[PDB]
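Here is the structure we will look at.
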Amino acid sequence: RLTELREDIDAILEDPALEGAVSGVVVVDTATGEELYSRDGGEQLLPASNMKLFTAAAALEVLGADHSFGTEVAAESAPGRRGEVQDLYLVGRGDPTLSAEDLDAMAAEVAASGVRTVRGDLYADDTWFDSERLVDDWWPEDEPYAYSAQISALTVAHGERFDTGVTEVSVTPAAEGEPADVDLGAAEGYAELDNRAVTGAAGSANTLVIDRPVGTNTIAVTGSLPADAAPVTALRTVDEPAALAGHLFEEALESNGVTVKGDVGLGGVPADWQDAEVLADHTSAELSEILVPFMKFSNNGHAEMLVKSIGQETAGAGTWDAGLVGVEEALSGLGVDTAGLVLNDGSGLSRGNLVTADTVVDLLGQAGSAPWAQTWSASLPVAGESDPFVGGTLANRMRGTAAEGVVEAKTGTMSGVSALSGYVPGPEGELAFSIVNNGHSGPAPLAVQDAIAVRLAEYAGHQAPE
Ligand SMILES: *C(=O)[C@H]([C@@H](C)O)[C@H]1CC(SCCNC=N)=C(C(=O)O)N1
Ligand SMILES: [Mg+2]
Ligand SMILES: [Mg+2]
């Protein structure tokens with residue numbers, strides 16, 4: 001029975017999709033510590049988004065499942081009979097799920113607190129983290145796209161997935177030959193618009209491109225949208241998420257009857273402020289709930305923000321240097337051997353990250369017996385589950401196989417790198433596996449990863465739902 005499995009995995013790994021690739025594959029029975037399968041287990045490889053496994057476990061160690069995140073609004077003193085204040089500060093302390101609606105609710109509080117007029121300026125304070133927006137070795141060409149959003153302590157999260165530091169651009173065709181209509185979403189009045197796009201004939205080819213040119217705050221739109229096309233939406237990053245948050249907050253104040261007379265910019269609450277008056281605040285959901293959209297959809301912004309929150313909690317430093325040491329120390333304190341680990345970010349976007357499949361499985365075992373094991377487990381994509389908040393990045397993989405509804409695993413893919421690691425619960429014991437592939441030259445070997453996870457599900461005693 002055990003010899004069949006090794007033969008079957010051996011054969012799966014001969015697939016031509018893995019030509020010239022190195023593949024770390026480890027499978028362990030977690031009830032006994034029995035190594036069921038091991039190849040290139042100690043080989044150092046890029047993890048891509050499997051890096052998030054390390055980040056999530058450390059966040060739960062350092063911050064706790066009950067940890068929540070605060071945002072507040074501050075003036076030098078409370079408002080008067082006249083209901084006036086001078087400068088106002090919106091202060092972000094690392095909430096990765098702060099919505100436009102949370103801004104409106106804080107704006108209503110400011111009004112309710114007696115403010116009618118902000119006579120001075122509105123400043124967006126993100127000083128709880130440092131102002132290092134991107135990791136050194138991240139690629140500049142990626143910057144326009146949600147997964148490369150700038151990192152800040154104060155950022156507005158979009159939608160129920162809470163994509164941070166982005167705006168939703170919507171392009172709608174007009175009559176043929178008329179410019180396409182571009183709607184910048186939340187960044188209206190914040191980001192600049194360079195719209196060169198036209199509406200093409202009905203049935204013409206869609207060549208529409210939406211860019212943010214490197215080192216600018218301009219949404220540049222080119223190409224041609226067919227007159228008969230459905231409108232196109234895309235998430236695009238902005239420069240300085242905190243200043244977009246400031247912009248949206250100004251609007252929310254105005255919309256709740258509070259007149260802002262001055263300008264909007266970045267700035268930290270002055271040191272010379274004696275006893276700041278907190279005029280409004282907001283508390284995020286607890287980390288256990290935040291772990292769901294973070295890990296199910298592999299949210300890079302959430303990961304980096306949790307690293308810096310780790311740096312804040314361990315060292316008073318909202319920094320990658322500090323946060324990444326904190327991740328490593330949390331993992332060690334958990335009993336994980338971190339010798340094979342090189343940590344350059346929390347999300348796994350960085351090509352400077354390294355793991356080994358053995359280190360991954362080690363972590364899977366330690367996390368499985370931690371006090372927070374269930375919270376952690378619930379955050380992982382579940383093979384083949386059609387509800388996006390349940391199936392996550394595995395929603396349309398492994399359907400109608402023994403893995404469906406059973407395998408819980410984290411994904412990860414970029415150019416030349418793909419990974420799948422997690423658990424296979426069986427009638428007998430929970431299996432832990434890690435599959436890390438580097439160096440394949442075609443599509444990410446997802447079918448190969450599926451075949452192994454499916455084989456493990458079967459071995460554990462499972463059968464495909466019909
Ligand atoms: C992790 O590997 C990357 C991260 C580096 O940006 C993200 C992107 C993806 S793949 C495309 C997103 N959803 C999949 N349809 C993942 C992922 O784990 O799938 N994480
Ligand atoms: Mg605006
Ligand atoms: Mg099954």
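Positions are given from 1, in the same order as the sequence printed here. Both ligands and their constituent atoms are indexed starting at 1 by order of listing. When reading the values below, keep in mind they use all heavy atoms of this one structure, side chains included, and skip hydrogens, waters and symmetry mates.
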Worksheet item: What's the drug at ligand 1?
Response: imipenem (open form)
Discussion item. Could you peek at this structure and say which chain has the most contacts with imipenem (open form, ligand 1)? A name from UniProt would do.
Written reply: D-alanyl-D-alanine carboxypeptidase
Practice prompt. State which residues lie within 4.0 Å of imipenem (open form, ligand 1), judged on heavy atoms.
Written response: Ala48, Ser49, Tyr147, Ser298, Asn300, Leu349, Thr393, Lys410, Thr411, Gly412, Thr413, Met414
Worksheet item: Nearest to atom 3 (C) of imipenem (open form, ligand 1), what protein heavy atom do you find, and at what distance?
Response: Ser49 OG, 2.5 Å
Discussion item. Geometry only, no angles: is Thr393 polar-contacting imipenem (open form, ligand 1) at N/O separations under 3.5 Å?
Written reply: no
Worksheet item: Has imipenem (open form, ligand 1) got any nitrogen or oxygen that is less than 3.5 angstrom from a nitrogen or oxygen of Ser298?
Response: yes
Worksheet entry | Geometric N/O contact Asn300 with imipenem (open form, ligand 1), under 3.5 angstrom | yes
Practice prompt. Note down any other ligand or ion with an atom under 4.0 Å from imipenem (open form, ligand 1).
Written response: none
Practice prompt. Using heavy atoms only, pick out the UniProt active-site residue of chain A nearest to imipenem (open form, ligand 1) and give the distance to 1 Å.
Written response: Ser49, 1 Å
Worksheet item: For atom 10 (S) of imipenem (open form, ligand 1), what's the nearest protein heavy atom and its distance?
Response: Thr413 O, 4.5 Å
Practice prompt. Would you mind checking which non-hydrogen protein atom is closest to atom 18 (O) of imipenem (open form, ligand 1), with the distance to 0.1 Å?
Written response: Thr411 OG1, 2.6 Å
Item to complete: Identify the organism of origin of chain A according to the PDB entry.
Response: Actinomadura sp. r39
Item to complete: Determine from the entry whether a covalent bond links imipenem (open form, ligand 1) to a chain, and give the residue and atom if so.
Response: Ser49 OG
Worksheet item: To the nearest 0.1 Å, how far is atom 5 (C) of imipenem (open form, ligand 1) from its closest protein heavy atom, and which atom is that?
Response: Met414 CE, 3.2 Å
Item to complete: Output yes when the distance from some N or O of imipenem (open form, ligand 1) to some N or O of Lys52 is under 3.5 Å, and no in every other case.
Response: no
Item to complete: Specify which UniProt substrate-site residues in chain A come within 4.0 Å of imipenem (open form, ligand 1), measured from their heavy atoms.
Response: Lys410
